[PDB]
Amino acid sequence: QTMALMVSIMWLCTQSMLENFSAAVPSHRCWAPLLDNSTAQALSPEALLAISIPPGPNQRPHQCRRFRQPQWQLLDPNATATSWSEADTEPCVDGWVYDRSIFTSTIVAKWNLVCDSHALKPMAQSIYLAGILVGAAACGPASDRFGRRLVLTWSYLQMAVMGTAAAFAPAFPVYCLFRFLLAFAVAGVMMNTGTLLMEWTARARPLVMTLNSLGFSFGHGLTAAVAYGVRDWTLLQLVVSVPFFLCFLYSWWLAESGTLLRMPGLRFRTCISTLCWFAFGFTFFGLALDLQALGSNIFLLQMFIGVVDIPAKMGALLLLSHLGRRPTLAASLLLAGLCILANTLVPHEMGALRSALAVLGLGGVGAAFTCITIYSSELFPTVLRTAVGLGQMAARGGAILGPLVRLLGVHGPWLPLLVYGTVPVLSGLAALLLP
Ligand SMILES: CC(C)(Sc1ccncc1-c1ccc(C#N)c2ccccc12)C(=O)O
(Lines of atoms letter the chains of each structure in order from A and count residues from 1; the text may use other names and numbers.)
(Lines give C-alpha, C1' and ligand atoms only; values in the text may rest on other atoms or scores of the structure.)
Protein backbone atom coordinates (compact mmCIF):
# COMPACT_ATOMS: atom_id res chain seq x y z
CA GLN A 1 0.00 0.00 0.00
CA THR A 2 1.24 3.48 -0.91
CA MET A 3 -0.20 4.97 2.30
CA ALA A 4 2.29 3.20 4.58
CA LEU A 5 5.28 4.46 2.59
CA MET A 6 3.71 7.91 2.17
CA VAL A 7 3.51 8.21 5.96
CA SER A 8 7.15 7.13 6.21
CA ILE A 9 8.25 9.70 3.62
CA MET A 10 6.24 12.32 5.52
CA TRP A 11 8.17 11.55 8.71
CA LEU A 12 11.33 11.40 6.59
CA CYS A 13 10.79 15.08 5.76
CA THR A 14 10.35 15.71 9.49
CA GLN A 15 13.65 13.97 10.25
CA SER A 16 15.32 15.96 7.47
CA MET A 17 13.83 19.28 8.63
CA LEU A 18 14.91 18.57 12.22
CA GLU A 19 18.45 19.56 11.19
CA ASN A 20 17.25 23.19 11.16
CA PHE A 21 15.06 23.12 14.29
CA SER A 22 17.53 21.21 16.48
CA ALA A 23 20.44 23.39 15.29
CA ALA A 24 18.54 26.64 15.86
CA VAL A 25 20.57 29.47 17.38
CA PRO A 26 18.50 31.43 19.93
CA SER A 27 19.50 34.71 21.53
CA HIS A 28 22.62 34.02 23.59
CA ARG A 29 25.21 36.01 25.52
CA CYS A 30 28.32 35.42 27.59
CA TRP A 31 28.26 34.72 31.32
CA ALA A 32 28.46 37.93 33.34
CA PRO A 33 28.43 38.42 37.14
CA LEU A 34 26.21 41.50 36.69
CA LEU A 35 23.40 39.41 35.16
CA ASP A 36 23.93 35.78 36.21
CA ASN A 37 25.16 36.10 39.82
CA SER A 38 23.00 36.84 42.86
CA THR A 39 20.65 39.82 42.72
CA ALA A 40 22.32 41.40 45.77
CA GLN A 41 25.09 43.52 44.25
CA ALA A 42 27.15 46.47 45.46
CA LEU A 43 18.01 47.40 38.97
CA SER A 44 18.00 48.30 35.26
CA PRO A 45 19.17 44.97 33.79
CA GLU A 46 19.50 46.48 30.31
CA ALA A 47 22.06 49.00 31.59
CA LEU A 48 24.11 46.23 33.20
CA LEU A 49 23.89 44.17 30.00
CA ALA A 50 25.11 47.17 28.00
CA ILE A 51 27.99 48.03 30.35
CA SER A 52 29.03 44.36 30.64
CA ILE A 53 28.98 43.43 26.93
CA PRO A 54 30.32 45.58 24.06
CA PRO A 55 27.92 46.23 21.17
CA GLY A 56 28.19 44.10 18.06
CA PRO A 57 26.27 43.57 14.83
CA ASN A 58 22.92 45.32 14.36
CA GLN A 59 23.64 47.48 17.44
CA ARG A 60 23.20 44.37 19.62
CA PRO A 61 25.45 43.19 22.47
CA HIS A 62 28.17 40.91 21.14
CA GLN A 63 27.88 37.15 21.62
CA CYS A 64 31.58 36.17 21.64
CA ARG A 65 33.24 39.09 23.48
CA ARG A 66 32.97 40.39 27.04
CA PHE A 67 34.47 43.36 28.85
CA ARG A 68 37.22 42.39 31.28
CA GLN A 69 36.10 45.26 33.54
CA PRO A 70 32.73 47.02 33.96
CA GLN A 71 32.67 49.73 31.27
CA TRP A 72 30.73 52.53 32.96
CA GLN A 73 31.04 54.59 29.76
CA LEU A 74 27.75 53.10 28.52
CA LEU A 75 25.99 54.19 31.74
CA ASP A 76 26.79 57.89 32.09
CA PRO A 77 24.43 59.83 29.77
CA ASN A 78 27.03 62.56 29.22
CA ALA A 79 29.83 60.12 28.35
CA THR A 80 30.94 59.69 24.74
CA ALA A 81 29.39 56.41 23.62
CA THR A 82 31.26 53.94 21.38
CA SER A 83 34.76 54.98 22.42
CA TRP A 84 36.13 52.02 24.41
CA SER A 85 39.31 50.16 23.49
CA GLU A 86 39.61 46.67 22.04
CA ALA A 87 42.10 45.60 24.72
CA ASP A 88 39.37 45.91 27.38
CA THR A 89 37.66 42.77 25.99
CA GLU A 90 38.28 39.12 26.82
CA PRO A 91 37.55 36.04 24.63
CA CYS A 92 34.67 34.79 26.85
CA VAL A 93 36.71 33.16 29.61
CA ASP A 94 33.57 32.42 31.65
CA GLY A 95 31.56 30.66 28.94
CA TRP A 96 28.17 31.69 27.59
CA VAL A 97 24.49 31.64 28.55
CA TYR A 98 21.33 31.09 26.52
CA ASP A 99 17.88 32.68 26.67
CA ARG A 100 14.94 30.26 26.48
CA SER A 101 12.77 32.62 24.45
CA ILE A 102 12.01 30.65 21.27
CA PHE A 103 13.74 27.39 22.18
CA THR A 104 14.42 25.85 25.59
CA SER A 105 16.98 23.22 24.54
CA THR A 106 18.97 22.86 21.31
CA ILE A 107 22.28 21.39 20.19
CA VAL A 108 23.70 24.93 20.07
CA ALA A 109 23.10 25.53 23.78
CA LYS A 110 24.34 22.04 24.73
CA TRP A 111 27.76 21.97 23.05
CA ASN A 112 28.22 25.78 22.99
CA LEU A 113 27.87 26.41 19.26
CA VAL A 114 28.46 30.16 19.63
CA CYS A 115 29.62 32.33 16.72
CA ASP A 116 33.17 31.88 18.03
CA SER A 117 32.87 28.25 16.85
CA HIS A 118 29.79 28.54 14.64
CA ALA A 119 31.28 26.21 12.00
CA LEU A 120 30.09 23.18 14.00
CA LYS A 121 26.50 23.50 12.75
CA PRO A 122 27.38 23.59 9.02
CA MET A 123 29.88 20.79 9.68
CA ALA A 124 27.14 18.65 11.24
CA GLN A 125 24.81 19.48 8.35
CA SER A 126 27.52 18.46 5.87
CA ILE A 127 28.12 15.23 7.80
CA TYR A 128 24.40 14.45 7.66
CA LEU A 129 24.30 15.18 3.93
CA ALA A 130 27.40 13.02 3.38
CA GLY A 131 25.65 10.20 5.22
CA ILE A 132 22.70 10.73 2.88
CA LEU A 133 25.09 10.62 -0.09
CA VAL A 134 26.99 7.46 0.86
CA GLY A 135 23.73 5.88 2.03
CA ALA A 136 22.29 5.68 -1.47
CA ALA A 137 25.45 4.24 -3.03
CA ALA A 138 26.05 1.56 -0.39
CA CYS A 139 22.40 0.47 -0.19
CA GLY A 140 22.40 -0.30 -3.93
CA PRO A 141 24.21 -3.64 -3.78
CA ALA A 142 22.69 -4.23 -0.33
CA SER A 143 19.16 -4.03 -1.74
CA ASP A 144 20.25 -5.97 -4.83
CA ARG A 145 21.62 -8.89 -2.78
CA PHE A 146 19.53 -8.95 0.41
CA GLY A 147 16.25 -7.70 -1.08
CA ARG A 148 14.55 -4.31 -0.93
CA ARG A 149 12.04 -5.19 1.81
CA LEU A 150 14.55 -6.69 4.26
CA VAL A 151 16.94 -3.75 3.93
CA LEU A 152 13.96 -1.37 4.15
CA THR A 153 12.97 -2.89 7.49
CA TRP A 154 16.61 -2.79 8.61
CA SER A 155 16.81 0.89 7.64
CA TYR A 156 13.63 1.57 9.61
CA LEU A 157 15.16 -0.15 12.64
CA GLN A 158 18.38 1.84 12.21
CA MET A 159 16.37 5.06 11.92
CA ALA A 160 14.54 4.30 15.17
CA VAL A 161 17.78 3.34 16.94
CA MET A 162 19.72 6.42 15.83
CA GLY A 163 16.76 8.67 16.64
CA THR A 164 16.45 7.28 20.16
CA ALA A 165 20.24 7.49 20.51
CA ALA A 166 20.83 10.99 19.10
CA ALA A 167 18.60 12.45 21.83
CA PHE A 168 20.95 10.87 24.41
CA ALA A 169 24.26 11.79 22.74
CA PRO A 170 26.66 13.04 25.45
CA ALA A 171 29.37 14.21 23.04
CA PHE A 172 29.59 15.98 19.68
CA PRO A 173 31.42 13.23 17.71
CA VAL A 174 28.96 10.65 19.05
CA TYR A 175 26.05 12.82 17.91
CA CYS A 176 27.73 13.26 14.52
CA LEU A 177 28.13 9.49 14.12
CA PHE A 178 24.51 8.95 15.16
CA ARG A 179 23.34 11.50 12.58
CA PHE A 180 25.58 9.85 9.97
CA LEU A 181 23.99 6.44 10.57
CA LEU A 182 20.52 8.01 10.64
CA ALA A 183 21.22 9.65 7.28
CA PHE A 184 22.47 6.32 5.92
CA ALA A 185 19.18 4.68 6.93
CA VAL A 186 17.21 7.63 5.53
CA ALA A 187 18.97 7.32 2.17
CA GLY A 188 18.30 3.58 2.16
CA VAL A 189 14.60 4.15 2.82
CA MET A 190 14.49 6.81 0.09
CA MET A 191 16.19 4.56 -2.48
CA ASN A 192 13.85 1.68 -1.64
CA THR A 193 10.77 3.91 -1.91
CA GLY A 194 12.01 5.23 -5.25
CA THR A 195 12.74 1.78 -6.67
CA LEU A 196 9.38 0.46 -5.43
CA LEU A 197 7.14 3.32 -6.59
CA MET A 198 8.58 3.22 -10.12
CA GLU A 199 7.87 -0.51 -10.48
CA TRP A 200 4.53 -0.35 -8.65
CA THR A 201 2.18 0.60 -11.50
CA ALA A 202 4.22 2.28 -14.25
CA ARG A 203 2.00 5.88 -17.69
CA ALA A 204 1.10 6.23 -14.00
CA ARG A 205 4.62 7.39 -13.11
CA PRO A 206 3.82 11.15 -12.88
CA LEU A 207 0.74 10.51 -10.74
CA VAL A 208 2.58 8.41 -8.15
CA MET A 209 5.51 10.84 -8.31
CA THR A 210 3.24 13.79 -7.49
CA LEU A 211 1.58 11.74 -4.74
CA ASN A 212 4.95 10.93 -3.15
CA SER A 213 6.02 14.57 -3.49
CA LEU A 214 2.84 15.74 -1.75
CA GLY A 215 3.35 13.16 1.00
CA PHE A 216 6.88 14.50 1.46
CA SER A 217 5.68 18.13 1.49
CA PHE A 218 3.20 17.19 4.23
CA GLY A 219 6.30 16.58 6.35
CA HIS A 220 6.91 20.33 6.45
CA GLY A 221 3.60 20.99 8.18
CA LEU A 222 4.12 17.89 10.31
CA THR A 223 7.49 19.06 11.66
CA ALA A 224 6.10 22.59 12.06
CA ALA A 225 3.29 21.27 14.26
CA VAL A 226 5.68 19.06 16.23
CA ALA A 227 8.14 21.92 16.80
CA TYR A 228 5.28 24.16 17.91
CA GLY A 229 4.14 21.44 20.31
CA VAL A 230 7.43 20.35 21.89
CA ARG A 231 10.38 22.71 22.43
CA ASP A 232 13.11 20.28 23.57
CA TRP A 233 15.28 18.83 20.80
CA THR A 234 15.71 15.51 22.63
CA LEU A 235 11.97 15.05 23.15
CA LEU A 236 11.47 16.28 19.57
CA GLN A 237 13.79 13.62 18.15
CA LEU A 238 12.12 11.02 20.37
CA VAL A 239 8.57 11.79 19.22
CA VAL A 240 9.78 12.01 15.62
CA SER A 241 11.49 8.60 15.72
CA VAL A 242 8.57 7.00 17.59
CA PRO A 243 6.44 6.37 14.44
CA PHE A 244 9.42 4.63 12.80
CA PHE A 245 9.12 1.95 15.49
CA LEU A 246 5.64 1.15 14.17
CA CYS A 247 6.98 1.45 10.62
CA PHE A 248 9.48 -1.29 11.44
CA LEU A 249 6.79 -3.33 13.22
CA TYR A 250 4.85 -3.22 9.93
CA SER A 251 7.35 -5.81 8.65
CA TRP A 252 6.51 -9.40 7.67
CA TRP A 253 3.04 -8.37 6.44
CA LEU A 254 2.04 -7.09 9.90
CA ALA A 255 3.34 -10.16 11.78
CA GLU A 256 2.12 -12.83 9.38
CA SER A 257 4.30 -15.66 10.76
CA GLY A 258 25.04 -0.50 -16.65
CA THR A 259 28.17 1.56 -17.26
CA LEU A 260 28.65 3.91 -20.20
CA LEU A 261 31.47 5.73 -21.98
CA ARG A 262 31.49 9.49 -22.61
CA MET A 263 34.88 9.79 -24.30
CA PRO A 264 33.77 11.99 -27.26
CA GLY A 265 31.93 14.42 -25.00
CA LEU A 266 29.06 15.10 -22.64
CA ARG A 267 26.57 14.60 -25.52
CA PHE A 268 24.60 17.69 -24.38
CA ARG A 269 22.16 15.70 -22.18
CA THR A 270 23.76 14.17 -19.07
CA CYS A 271 25.75 17.35 -18.42
CA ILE A 272 22.59 19.47 -18.34
CA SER A 273 20.75 16.85 -16.28
CA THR A 274 23.53 16.73 -13.68
CA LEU A 275 23.69 20.54 -13.68
CA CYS A 276 19.98 20.90 -12.92
CA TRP A 277 20.17 18.19 -10.24
CA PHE A 278 23.21 19.87 -8.66
CA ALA A 279 21.42 23.23 -8.69
CA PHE A 280 18.22 21.83 -7.16
CA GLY A 281 20.05 19.96 -4.40
CA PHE A 282 22.34 22.88 -3.58
CA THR A 283 19.62 25.53 -3.38
CA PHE A 284 17.19 23.24 -1.55
CA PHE A 285 19.61 22.09 1.15
CA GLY A 286 21.05 25.59 1.46
CA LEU A 287 17.70 27.36 1.81
CA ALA A 288 15.83 24.82 3.96
CA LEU A 289 18.46 24.51 6.71
CA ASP A 290 18.52 28.25 7.52
CA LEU A 291 14.82 29.10 7.82
CA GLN A 292 15.56 31.22 10.91
CA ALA A 293 17.27 33.89 8.79
CA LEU A 294 14.69 33.81 5.97
CA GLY A 295 11.75 34.97 8.11
CA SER A 296 10.68 36.48 11.40
CA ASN A 297 9.33 33.17 12.77
CA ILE A 298 10.61 29.69 11.97
CA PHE A 299 7.30 27.92 12.64
CA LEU A 300 5.32 30.50 10.67
CA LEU A 301 7.67 30.19 7.69
CA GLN A 302 7.52 26.38 7.88
CA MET A 303 3.71 26.39 7.95
CA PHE A 304 3.62 28.88 5.07
CA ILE A 305 5.93 26.82 2.86
CA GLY A 306 4.06 23.63 3.79
CA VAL A 307 0.73 25.16 2.80
CA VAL A 308 2.12 26.72 -0.41
CA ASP A 309 4.19 23.76 -1.69
CA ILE A 310 1.05 21.68 -2.38
CA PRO A 311 -0.69 24.00 -4.90
CA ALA A 312 2.70 24.93 -6.37
CA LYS A 313 3.43 21.27 -7.12
CA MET A 314 -0.14 20.78 -8.36
CA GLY A 315 0.38 23.59 -10.87
CA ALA A 316 3.80 22.17 -11.74
CA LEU A 317 2.23 18.81 -12.59
CA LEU A 318 -0.48 20.65 -14.54
CA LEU A 319 2.08 22.45 -16.72
CA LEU A 320 4.07 19.21 -17.04
CA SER A 321 1.02 17.37 -18.39
CA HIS A 322 -0.28 20.34 -20.42
CA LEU A 323 2.65 22.20 -22.02
CA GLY A 324 5.70 19.90 -21.85
CA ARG A 325 8.66 19.39 -19.54
CA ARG A 326 11.47 21.76 -20.58
CA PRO A 327 9.55 25.09 -20.76
CA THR A 328 7.82 24.70 -17.39
CA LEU A 329 11.08 23.52 -15.79
CA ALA A 330 12.96 26.55 -17.12
CA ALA A 331 10.13 28.86 -16.03
CA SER A 332 10.09 27.43 -12.50
CA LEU A 333 13.89 27.65 -12.24
CA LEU A 334 13.90 31.27 -13.44
CA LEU A 335 11.05 32.16 -11.07
CA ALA A 336 12.87 30.63 -8.09
CA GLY A 337 16.10 32.40 -9.05
CA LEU A 338 14.38 35.77 -9.40
CA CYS A 339 12.53 35.26 -6.11
CA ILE A 340 15.75 34.49 -4.23
CA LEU A 341 17.46 37.45 -5.91
CA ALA A 342 14.62 39.74 -4.81
CA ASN A 343 14.81 38.29 -1.30
CA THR A 344 18.51 39.18 -1.34
CA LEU A 345 17.82 42.70 -2.63
CA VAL A 346 14.90 43.35 -0.26
CA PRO A 347 16.20 44.68 3.08
CA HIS A 348 15.70 42.87 6.37
CA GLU A 349 13.09 45.41 7.52
CA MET A 350 10.22 43.96 5.44
CA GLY A 351 9.95 40.49 6.93
CA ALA A 352 6.62 39.61 5.32
CA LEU A 353 7.90 40.13 1.77
CA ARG A 354 11.12 38.30 2.68
CA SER A 355 9.17 35.27 3.93
CA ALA A 356 6.91 35.38 0.87
CA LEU A 357 9.90 35.45 -1.50
CA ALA A 358 11.57 32.59 0.39
CA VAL A 359 8.38 30.52 0.18
CA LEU A 360 8.08 31.28 -3.54
CA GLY A 361 11.70 30.28 -4.13
CA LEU A 362 11.25 27.01 -2.24
CA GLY A 363 8.10 26.26 -4.23
CA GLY A 364 9.95 27.04 -7.44
CA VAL A 365 12.86 24.74 -6.64
CA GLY A 366 10.40 22.02 -5.66
CA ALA A 367 8.59 22.41 -8.98
CA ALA A 368 11.97 22.30 -10.74
CA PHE A 369 12.82 19.07 -8.92
CA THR A 370 9.48 17.57 -9.93
CA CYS A 371 10.05 18.59 -13.56
CA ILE A 372 13.61 17.24 -13.67
CA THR A 373 12.36 13.99 -12.12
CA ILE A 374 9.65 13.67 -14.78
CA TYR A 375 12.14 14.71 -17.47
CA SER A 376 14.72 12.16 -16.31
CA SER A 377 12.45 9.32 -17.48
CA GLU A 378 12.39 10.64 -21.07
CA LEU A 379 15.81 12.19 -21.83
CA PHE A 380 17.52 8.78 -22.11
CA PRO A 381 16.72 5.45 -23.78
CA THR A 382 14.87 2.72 -21.90
CA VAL A 383 18.11 0.94 -20.94
CA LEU A 384 20.04 4.12 -20.07
CA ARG A 385 17.45 5.65 -17.70
CA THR A 386 21.61 4.58 -14.55
CA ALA A 387 20.79 8.17 -15.56
CA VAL A 388 18.35 8.78 -12.70
CA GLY A 389 20.86 7.33 -10.24
CA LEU A 390 23.64 9.55 -11.59
CA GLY A 391 21.34 12.57 -11.36
CA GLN A 392 20.42 11.78 -7.76
CA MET A 393 24.10 11.31 -6.91
CA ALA A 394 24.96 14.65 -8.51
CA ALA A 395 22.12 16.34 -6.61
CA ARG A 396 23.41 14.86 -3.34
CA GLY A 397 26.94 16.02 -4.16
CA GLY A 398 25.60 19.50 -4.84
CA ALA A 399 23.79 19.37 -1.50
CA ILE A 400 27.15 18.55 0.12
CA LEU A 401 28.39 22.05 -0.75
CA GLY A 402 25.12 23.56 0.49
CA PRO A 403 25.93 24.18 4.15
CA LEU A 404 29.60 24.73 3.27
CA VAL A 405 28.68 27.79 1.19
CA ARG A 406 26.77 29.21 4.17
CA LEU A 407 30.16 29.52 5.91
CA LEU A 408 30.90 32.44 3.54
CA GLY A 409 28.61 34.63 5.67
CA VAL A 410 31.63 36.09 7.47
CA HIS A 411 32.16 38.34 4.43
CA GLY A 412 28.49 39.25 4.03
CA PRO A 413 25.04 37.96 4.99
CA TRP A 414 23.81 38.29 1.38
CA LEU A 415 26.55 36.24 -0.30
CA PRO A 416 25.00 32.83 0.52
CA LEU A 417 21.63 34.14 -0.65
CA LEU A 418 23.38 35.70 -3.65
CA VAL A 419 24.66 32.26 -4.65
CA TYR A 420 21.30 30.64 -3.86
CA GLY A 421 19.74 33.13 -6.28
CA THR A 422 22.41 33.03 -8.98
CA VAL A 423 22.59 29.23 -9.30
CA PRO A 424 18.88 28.73 -10.23
CA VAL A 425 19.14 31.51 -12.82
CA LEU A 426 22.00 29.73 -14.60
CA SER A 427 20.18 26.40 -14.20
CA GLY A 428 17.09 27.80 -15.90
CA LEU A 429 19.17 29.44 -18.62
CA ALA A 430 20.79 26.06 -19.29
CA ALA A 431 17.51 24.14 -18.97
CA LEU A 432 16.17 25.71 -22.18
CA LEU A 433 18.77 23.75 -24.17
CA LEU A 434 17.26 20.38 -23.24
CA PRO A 435 15.87 18.40 -26.23
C1 LIG B 1 19.00 14.31 -1.81
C2 LIG B 1 17.67 14.53 -2.53
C3 LIG B 1 17.36 16.02 -2.57
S4 LIG B 1 16.33 13.66 -1.67
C5 LIG B 1 16.24 14.11 0.09
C6 LIG B 1 17.19 13.64 0.99
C7 LIG B 1 17.09 14.01 2.32
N8 LIG B 1 16.11 14.78 2.75
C9 LIG B 1 15.19 15.23 1.92
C10 LIG B 1 15.21 14.92 0.57
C11 LIG B 1 14.12 15.48 -0.35
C12 LIG B 1 14.15 16.83 -0.68
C13 LIG B 1 13.17 17.37 -1.50
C14 LIG B 1 12.15 16.56 -1.99
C15 LIG B 1 11.07 17.15 -2.89
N16 LIG B 1 10.27 17.60 -3.55
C17 LIG B 1 12.12 15.19 -1.65
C18 LIG B 1 11.09 14.37 -2.14
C19 LIG B 1 11.05 13.02 -1.81
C20 LIG B 1 12.03 12.48 -0.99
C21 LIG B 1 13.05 13.29 -0.50
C22 LIG B 1 13.09 14.66 -0.84
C23 LIG B 1 17.77 13.98 -3.95
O24 LIG B 1 17.28 12.86 -4.23
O25 LIG B 1 18.36 14.65 -4.84
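All residue numbers given for chain A refer to the PDB entry; the residues shown span 20-61, 67-226, 228-282, 338-465, 467-516 in order. One-based numbering, in listed order, for ligands and for the atoms of each. Just so you know, these numbers use all the heavy atoms, side chains as well, and skip hydrogens, waters and symmetry mates.
- Lab note: main contact partner of ligand 1 (name per UniProt) = Solute carrier family 22 member 12.
- The drug observed at ligand 1 carries the PDB name verinurad.
- Following UniProt from the N terminus, chain A has transmembrane segments with a non-hydrogen atom under 4.0 Å from verinurad (ligand 1) at positions 2, 4, 5, 7, 8, 10, 11.
- With the cut-off at 4.0 Å and only heavy atoms counted, the binding site of verinurad (ligand 1) comes to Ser35, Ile156, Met214, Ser238, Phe241, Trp357, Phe360, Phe364, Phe365, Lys393, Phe449, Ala476, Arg477.
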